Each structure stands twice: as C-alpha cells, then as structure tokens.
Trainee: 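This is the structure I have questions about; it appears just below.
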Protein chains: 2
Amino acid sequence: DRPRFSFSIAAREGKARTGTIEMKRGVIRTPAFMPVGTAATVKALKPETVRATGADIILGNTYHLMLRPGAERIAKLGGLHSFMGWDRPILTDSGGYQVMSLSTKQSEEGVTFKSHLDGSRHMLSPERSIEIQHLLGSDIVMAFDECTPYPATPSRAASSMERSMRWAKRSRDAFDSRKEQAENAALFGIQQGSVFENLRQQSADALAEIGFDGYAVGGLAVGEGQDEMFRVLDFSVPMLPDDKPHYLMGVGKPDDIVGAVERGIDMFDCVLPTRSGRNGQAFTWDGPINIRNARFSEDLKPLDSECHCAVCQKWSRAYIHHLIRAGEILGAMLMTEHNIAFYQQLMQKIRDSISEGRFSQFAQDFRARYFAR
Amino acid sequence: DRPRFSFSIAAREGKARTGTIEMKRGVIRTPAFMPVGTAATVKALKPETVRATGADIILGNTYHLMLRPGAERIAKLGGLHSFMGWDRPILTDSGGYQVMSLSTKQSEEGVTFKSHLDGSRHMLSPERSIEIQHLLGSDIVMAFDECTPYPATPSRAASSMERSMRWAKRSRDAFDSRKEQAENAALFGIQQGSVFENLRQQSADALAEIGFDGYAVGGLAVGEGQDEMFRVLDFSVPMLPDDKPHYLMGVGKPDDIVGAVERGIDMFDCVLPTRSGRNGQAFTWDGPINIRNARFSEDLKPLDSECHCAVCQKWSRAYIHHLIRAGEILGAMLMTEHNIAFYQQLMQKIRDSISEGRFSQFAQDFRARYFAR
Ligand SMILES: NC[C@H]1CC[C@H](C(=O)O)CC1
Ligand SMILES: NC[C@H]1CC[C@H](C(=O)O)CC1
Ligand SMILES: [Zn+2]
Ligand SMILES: [Zn+2]
C-alpha cells in the first residue's frame, strides 16, 4: 500500500533542503542521520532504543555481513530486518570500500580478497554485491563502487572513476533483473572523481544517464580535511540531479554535517557517535567531552543539560565517567544512546530550521556555541 | 511510613519457606535471587531492565566500590541508589572475602591489603566495613567476616570462626552506633565453621546471642562440591533462628538453588547468570546451553521457548549466537537479560510452589527436566 521510494522536498534554504523519503517500511525525514549497524547490530543498542532516539533508517555493512553470518544464512533466517529485529528501512553499503580497506586483486570483473577474520578467499563484483544486498533484504541498495585513490594523479583518478561508472551500470542492470528487489527497494549510485571538478562532472553525468533513486558523494573524508571536503562539495553536489536525495557517505562530526547540509546533502552515516561513545567521547551542544577525564568524577549534571535523551534524564556524568573507566558495558550503552540521540536531535534542529527558513541563523548559532566549548 | 525490616513467612513445606521482607525501599519476595552489581552496575543491564526481570533487590561489592569510585565519593554524590539509578533495596557484602581472594596482612584488628587495580595499600576492619556500607547507603549490611579456610584443620577452622564471631560483635556495635544506619538499614551476621558441625553450632549460637536481622551461611561453594554443600546445609540451617531470613552467599546454579531452598535458604546471590551470560552460556528449563555452539547457527527458536522474558519474545538463538561470536555488546545484553529473567522465573516458581504446598513435586519435576537436557 505504501510507495517503494518517493522523495518530496518540503522546503529549501539556499542549497539546503528538508523533506521525506517514503518507503514500504517507513518514512525517512531528511536531512537524515543513519546509525551504523555493522554486524547486524547498532553497537550496544536494542533496535527499540535506536528508534527511541529518533532514527528512521540504519546502515548495514555488506562486507562484514557476507563474511559473518553470511548473506545466504541471513536470507534463510528471514532477512536482515527479522534477524536483527529492526522493521524500518535499512541501507546497505556495497562492500566495495571495505574490501579495499579492511582486507586483494582488482580487475574489471570485481575484486577478489582475503577475509580479515580467517584469510579465506572471496569475490565481490557489481552482480554479487547486488545479490548479497538482495539476500539481506535491504531497502536502499548501494551500487558497487571503487573509492577513487587519494592522493592520486588526475589520470589514475579518472580511470578509477570510469571503472566505478561501468560498475554502476552493471549494478543498475543486476538490480533491475531481480523483480522483487526492483519493486520493493531503491538503488543509489555513487559519484567519484576525487577532488577533481571535471571528473566529478563526468561521474555525475554518467550516473544521471544510467538513472538512480538517489546519488551519493563518495570518496570523501579520506584524509583531505574539512576545508577541502567542503570545497569539493561546493561544486559536486550541484552536479547531481536536484530532485533526488544526496547522500554523503562516512560523514561525520556535527560540524561536518551542518556544513554539508548547507551544501545540499540530505543523508549521512558515520561510525563516530557509536565508536567514540564506546571510547568515552560524548557529543554536547558545547562540543565534545571526554567523559573519562578527571574533571567529571563528581559532576552530577547529565552529559548535556539540554539533551532530551533518556540517559540525560536519569544518569550523571560522574556515574558514566565511573562506568567507562571501569570498562563496564553499561557505560558503552549509555554513551552510545546519548550520542545517537544527540545526532538525531541535531538532525531535527536542522530539519526544523530549514523548514522554518532560519537554517542560516541556526548554523551560525550552532557553530559559535559548539566551538566555544 | 514503611518498616525498616519486617520478615513474614507466608507458607512452609518441609524446611522450605516463602514470604516477604518489607523494607523502606521496597518488598523482597523470598526465596529471593539477588543479581550481583559489582561496580555499581548489574553488568550490561539498565536498572529498569533489572527490575523488569522481577528482581526485588541487588547486591553491591564493598571491596570493589571502596576502591573505585570510593565510598566517600559515592556518599558525596548522594549514595549508591542515586548514583546507579536503582531505588529499591541493595545488599552490600562486607569486603572480608574479596580482600583475601582478589588482593594482605591479617590480624585481630582487620586486614591490610594491596589493591588489585594499582597496588595501593588499604585497610578493612569491622568498623571500617560498616562505615563504608553506611556511606554507600545500603539497605542490608553484612557483618565483616573471615571465610573459614577450606580445607583446614578443625583447629584452624575453629580459630578462624572465633575471630569471625568477634568481628560480628564489633560489626553489630559499629552499626548500632550510627543512628541513621540502625534506624533505616538491616544487619546480617555470617555463620562460619567450614564443614564441621560443632563449629557451625558454636557460630550459630554466637550470632544468635549477638542478634541480627538475618543470618547468612558463609564459607560454602569454595570447592567442596554440591553433595558436601548440601550435607553442611542439612545440619547448619536448622541451627540459625527460624524467624529470620537465611542467606546462602555466592550460590549458585539453578539446581543448587532448588536444593538449598529444600534445606531452608531464603536468599541467594551469584555471578553465574551475568558472567556466564556474557561468556555465551544461557540457562534454560532443559539445562544450560552454550549459544556459540554451531548447532544454534540457524535455530530460530528463542533461547527458551517457555521463557517470558523480553529477549525470548523478540530474538532467536541464531541471532544471539551471531552476536556473541562477533563480540557484540548487544549479545552480552541479551544473554544477561535472559539469564537474570530465567533466575527470577525460577524463584517465582519456587515461591508459588511452596505457597501452594507442591514444592516437592516442583523440585522433582524441575530436576528431571533440567538434567535430561
Ligand atoms: N571516508 C568514508 C568514505 C570512504 C569511501 C567510500 C566510497 O567511496 O565507497 C565512501 C565513504
Ligand atoms: N563461594 C562464595 C562464598 C565465599 C566465602 C564468603 C564468606 O564466607 O564471606 C561467602 C561466599
Ligand atoms: Zn543525552
Ligand atoms: Zn528469556
């Protein structure tokens, strides 16, 4: 009864947009932050807790899931949604980045690699990546890509991007060939081209000619720094179709997100709130804090005194400081819940401010406070 | 408005009893199982989840808390209940066992020891143990004791027990001297004497002459085995005042609990459900299972198909198998919630069967199924 994929822009301010993506398993409010659920879990959180923070969609990692527990096994057990107990949309990455980063023989067919878990040999290609994502049952499927190497010659960046675009076409065809997947899921293409404007334009042109439900900006946050990332976004996002969502992969810190929204990004995923939470870093409106620091040992205030999350209604900095220092699982649980909730509250403030035509003021006020610490 | 400590026996069957302990922070249904909350947390569970499993009271470890975060610090922050977010009764052990086990110079005054965290030197005595438990704000205070060495000569067991009894009297006096503690908390004494009937009798006589709110059987589950433990319980529990609760410290497996209740024990604590849960062992009515075992990789049944816990309503063995094998925090969370809930359901079945005069049949039926596997 619900649409497969319908993106509606409710309001704009400059290059920033806010709206909704309607899918069969639910609505995604944009700009959206996707918690990362690597191995079929958002680390340290039950799915009901993830939803309670405000998340509309989560990300799964194809590379990890294809190795453990395996895509065929997850399919036999009813698909990823049933397996993990999350009934809302899931976006899966293609695996093309982790094979190169977490594993390796690359050719036009795909990449063959050795598993980090045990050294067993495996293969990923556009067709196999799409089939794995089909078996997982994910709602948003990412085309199999290659991250343009950084730094690299313009010619190496170009040949990499061109291969990635041929892989995008192969991914489109594989997805379209599977009727159940084509009728129930969406397919996003990934723009490559490193920091080179002409290559980003050629990539965008190729992707629009193939046609996708959404367009990701790939190849960023790979060591170039925020200033350069924003410079590339300045020219790259306008090259993508305006009427489809724009997804910045693997970004980022709160200030990265705000600046990327100012440049036309609608969707984000990042390991920071979960991973840094487990390591003792909490995000607050006055900047990040390291909760293990001695200054918090007797601080009875919550992590953030304006945060609406359940953790900040019930527990102090002093208690969470103790838990993390003692290596207690509850410390990781509470830090992660707060950090994901903080990210969702940030996204809500972004959406409301764009809707209300006051996003420029919000971004200025946010930065002045977040960086004042 | 509520009583400090009021124990009522509602029903008996043989040596087994069921009833309630009413305290200012709540009612404890007996026989009772106390989850162990070492470092101001029941590992991997929020307090609301602990309560949802049916627990009425939890245990804190004085030795750990006095080292990290420290008793004075917890007191400055409002006491242990506020610090951890558990508003119901807490029982604290005395520290007398862990100093000897987890750390050491023993004299009549107390024991001086080196901390396992850093080698700093510390002191525990009856008076200091009581003061630490006062600063923590615990509801049931344990007298500072010495575990009778096992094995040991009857004469060494006797001298150890006699020292423990002098320490019990010192603990009573220190507790009574602190009006706020005496008016709001309860004090339990610990019977010692190893496996020797005459020493257990002398210990019980000494404790009853001092007078306590409850009586623990100490010095068991120290390597003697279940048959010998039950033999000692057979003669030791009847020596304690019948009209006060009987607490078996550090026990145990489900079948240990059932047999101890048959011998007159009203209260238990054990690390097994939490620690073994994190390590992949789940308790079921058909015996323990090791969820990491390959046989569970595609098992869509819950951990136990008759368990009422939230985990067994929502997640499969196959998913929990995957989580534990992958080292995921959510695996520990789900295993621990189920195991504590299983222990609470066991206690509820014990209480109902005693109340209903069918505990002997319950114990027989429980054992036949649990050991059939
Ligand atoms: N720094 C994260 C980023 C790495 C490259 C990846 C890709 O281009 O596939 C997108 C995410
Ligand atoms: N095996 C646990 C048991 C160890 C001795 C202790 C004590 O006697 O203080 C009670 C608990
Ligand atoms: Zn919060
Ligand atoms: Zn269960």
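Every chain is numbered from 1 and lettered A, B, ... according to where its sequence line falls, protein lines coming before strand lines. Atoms considered below: every heavy atom in the structure, side chains included; atoms not considered: hydrogens, waters and symmetry mates. Method reported for this entry: X-ray crystallography, 1.4 Å. Ligands are counted one by one from 1 in listed order, and the atoms in each one are counted from 1 as well.
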Trainee: What drug shows up at ligand 1?
Mentor: tranexamic acid
Trainee: Which macromolecule is the chief neighbour of tranexamic acid (ligand 1) by contact count, per the PDB entry?
Mentor: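 Most heavy-atom pairs under 4.5 Å are with Queuine tRNA-ribosyltransferase.
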Trainee: What other chains come closer than 4.0 Å to tranexamic acid (ligand 1) by at least one heavy atom?
Mentor: A
Trainee: Considering non-hydrogen atoms of the protein only, which is the closest contact for atom 10 (C) of tranexamic acid (ligand 1), and what is the distance?
Mentor: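 For this ligand atom, the closest protein heavy atom is A/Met249 CB, 3.5 Å.
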Trainee: Applying a strict 4.0 Å limit to heavy atoms, is A/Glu146 in contact with tranexamic acid (ligand 1)?
Mentor: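 For tranexamic acid (ligand 1), residue contact (heavy atoms, under 4.0 Å) with A/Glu146 is absent.
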Trainee: Starting from atom 9 (O) of tranexamic acid (ligand 1), find the nearest protein heavy-atom neighbour and note its residue, name and distance.
Mentor: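 Its nearest protein heavy-atom neighbour is A/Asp145 OD2, 2.6 Å.
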Trainee: Which part of A/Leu220 is near tranexamic acid (ligand 1), with near meaning a heavy atom under 4.0 Å away: side chain, backbone, both or neither?
Mentor: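 Contact part for A/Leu220 vs tranexamic acid (ligand 1): backbone (N, CA, C, O).
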Trainee: Tell me which protein heavy atom sits closest to atom 1 (N) of tranexamic acid (ligand 1), plus the residue, atom name and distance to 0.1 Å.
Mentor: A/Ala221 O, 2.7 Å
Trainee: Using a strict cut-off of 4.0 Å, indicate which atoms of tranexamic acid (ligand 1) neighbour a heavy atom of A/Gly218.
Mentor: 8 (O)
Trainee: Is there a polar contact, in the sense of an N or O pair closer than 3.5 Å, between A/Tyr97 and tranexamic acid (ligand 1)?
Mentor: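 Between A/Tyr97 and tranexamic acid (ligand 1), no N or O pair is found under 3.5 Å apart.
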Trainee: Measuring from the heavy atoms of A/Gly219, does anything fall under 4.0 Å of tranexamic acid (ligand 1)?
Mentor: yes
Trainee: Between tranexamic acid (ligand 1) and the protein, give all atom pairs where both partners are nitrogen or oxygen and the distance is under 3.5 Å, as lines of names plus distance to 0.1 Å.
Mentor:
unit_1                     : atom_1 : unit_2   : atom_2 : d
tranexamic acid (ligand 1) : 1 (N)  : A/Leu220 : O      : 2.9
tranexamic acid (ligand 1) : 1 (N)  : A/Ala221 : O      : 2.7
tranexamic acid (ligand 1) : 8 (O)  : A/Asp145 : OD2    : 3.4
tranexamic acid (ligand 1) : 8 (O)  : A/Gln192 : NE2    : 3.0
tranexamic acid (ligand 1) : 8 (O)  : A/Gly219 : N      : 2.9
tranexamic acid (ligand 1) : 9 (O)  : A/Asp145 : OD1    : 3.4
tranexamic acid (ligand 1) : 9 (O)  : A/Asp145 : OD2    : 2.6

